[PDB]
**Q** 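Mind looking over this structure? Questions follow.
Lettering of chains proceeds alphabetically from A, tracking the sequence lines in order. Chain A is numbered as in the PDB entry; shown residues: 10-124, in order. Using the numbering of the PDB entry, the residues shown for chain B are 10-124, in order. In chain C, numbers come from the PDB entry; the residues present are 10-124, in order. What you see of chain D is 10-124, where the numbers are those given in the PDB entry. Counting starts at 1 for both ligands and their atoms, in listed order. The basis for the numbers below is simple: all heavy atoms, side chains too, and nothing from hydrogens, waters or symmetry mates.
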Protein chains: 4
Amino acid sequence: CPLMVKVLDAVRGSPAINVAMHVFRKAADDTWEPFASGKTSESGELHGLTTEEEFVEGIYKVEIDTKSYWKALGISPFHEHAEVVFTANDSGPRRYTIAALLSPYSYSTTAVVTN
Amino acid sequence: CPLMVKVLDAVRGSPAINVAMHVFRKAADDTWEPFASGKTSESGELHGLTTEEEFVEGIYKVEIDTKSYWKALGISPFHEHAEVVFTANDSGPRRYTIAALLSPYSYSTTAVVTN
Amino acid sequence: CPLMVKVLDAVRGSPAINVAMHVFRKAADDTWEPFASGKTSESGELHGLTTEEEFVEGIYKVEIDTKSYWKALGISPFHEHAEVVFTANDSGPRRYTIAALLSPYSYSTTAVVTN
Amino acid sequence: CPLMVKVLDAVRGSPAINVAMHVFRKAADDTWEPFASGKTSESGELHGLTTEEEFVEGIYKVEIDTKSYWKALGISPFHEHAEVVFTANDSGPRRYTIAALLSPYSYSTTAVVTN
Ligand SMILES: O=C(O)c1ccc2nc(-c3cc(Cl)cc(Cl)c3)oc2c1
Ligand SMILES: O=C(O)c1ccc2nc(-c3cc(Cl)cc(Cl)c3)oc2c1
């Protein structure tokens, strides 16, 4: 699993469950092409987005649908979504975890890149 | 001043100075139209992006060019930029402060919205 | 003003108003001695805690009473308080802004240190 | 495992390895009594701090030695340590994960409390 996403909720103190997300890869014409998508599990995780063969170097965007998550909880949010845009770089063996911590008017995101 | 941006550096413990950013507004055709741009001052603030008249209801995107900021400090960071996407002025005019706190592999953002 | 505190609320998207906090300074006997206290204003800021003369070198602790803040908003939060412990003025006088961003189960803090 | 700690590094984009931490429980005389301690693993985790029988309701403090972590990396940090102070409450079956994301001048912490 070269790419996985972990989403946490700072209001409930829990994983953020059933959060939809879309992953895009930047194409040659500078447009965002759909690459992978899914919904977070009961543990706030989304595994199986891609494979080592498919996940080549390039610029990727992970769009997390935070607005729909907060609306389903009956809480007024600020953001339309949270976006994480990064370049995947082959240095040596790398596994990427994108983590996000959500609040109605704020979000934080970090990357955990390991061998 | 209805839209202000404050950027802080979590490595140095300082305002993030000379950070470029571009603001876009979603048009009727679902494309991102350029709206305003500028760079942060010595206090890490960017003022005067727009006016109460021009800042109508809409979906806005603030793209903070964090990769250029870190590269100039000798750090190869994870993200291409930090993006803040939100609906503005849909319940009438509000004043928005978008704040961002930057690290090489992480960022946080929050909004302060006043009437 | 050599020591200022700014507190924001990530649920409401507003300054965190009327937040109490207590500042302590470590004494020679390794105990926390009371140093200053106050509460945040309508802008979420607390100014005038100390003076350049009184704010000598030392280890300081800023204890922000976040549990009382959330309880008054109808939220039973996770933390008792948010604590910020740091050495100040060990390379000469500096001006410190301690910022905190609050959610019911999370908090973030940063410092802006200027000469 | 009723209590575990996850520490991440926002400068390196990695787990924070070999971070020492101390857990204390508030005693009747309002003093902090040592309860458990250890150092984070290669995954930034610290497991086996306590057991379900020992981890009773009370006020706990997790002190993360961030200063020594940054000094070992040759980076000047702001904080002496990061403190997380909370009440453990029996509602139903609960497992607590305290997570922290570290930068030299900032830290963020959240709680993930699950069944
Ligand atoms: O000193 C001021 O005036 C000032 C203004 C805006 C501010 N936003 C923060 C802040 C933002 C994020 Cl996203 C996370 C954290 Cl920990 C802190 O600190 C501020 C300080
Ligand atoms: O319990 C786990 O396994 C687990 C994994 C990844 C995690 N990422 C965080 C985290 C992320 C941000 Cl952006 C801000 C903060 Cl305060 C915390 O906490 C985690 C916990």
**Q** Drug at ligand 1 - which one is it?
**A** tafamidis
**Q** List the chief contact partner of tafamidis (ligand 1) in this entry, with the name from the PDB entry.
**A** Transthyretin
**Q** List the other chains with a heavy atom under 4.0 Å from tafamidis (ligand 1).
**A** B, C
**Q** Any atoms of tafamidis (ligand 1) less than 4.0 Å from a non-hydrogen atom of C/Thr106? List them with their elements.
**A** 1 (O)
**Q** Got the closest protein heavy atom to atom 4 (C) of tafamidis (ligand 1), with its distance?
**A** B/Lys15 CE, 4.0 Å
**Q** Give me the nearest non-hydrogen protein atom to atom 8 (N) of tafamidis (ligand 1) as residue plus atom name, then the distance to 0.1 Å.
**A** B/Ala108 CB, 3.6 Å
**Q** Only heavy atoms count here, so choose which of B/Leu111, B/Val121, C/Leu111, B/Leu110 is nearest to atom 15 (C) of tafamidis (ligand 1).
**A** B/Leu110
**Q** I'd love to know which residues UniProt tags as binding L-thyroxine in chain B are close to tafamidis (ligand 1), meaning a heavy atom under 4.0 Å.
**A** B/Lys15, B/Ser117
**Q** For atom 9 (C) of tafamidis (ligand 1), which candidate among B/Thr118, B/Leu17, C/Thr118 holds the nearest heavy atom?
**A** B/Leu17
**Q** Check each atom of tafamidis (ligand 1) against the heavy atoms of C/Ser117 and keep those under 4.0 Å away; list them by number with element.
**A** 16 (Cl)
**Q** Which chain residues come within 4.0 Å of tafamidis (ligand 1), judged by heavy atoms?
**A** B/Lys15, B/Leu17, B/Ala108, B/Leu110, B/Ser117, B/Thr118, B/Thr119, C/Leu17, C/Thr106, C/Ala108, C/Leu110, C/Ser117, C/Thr118, C/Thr119
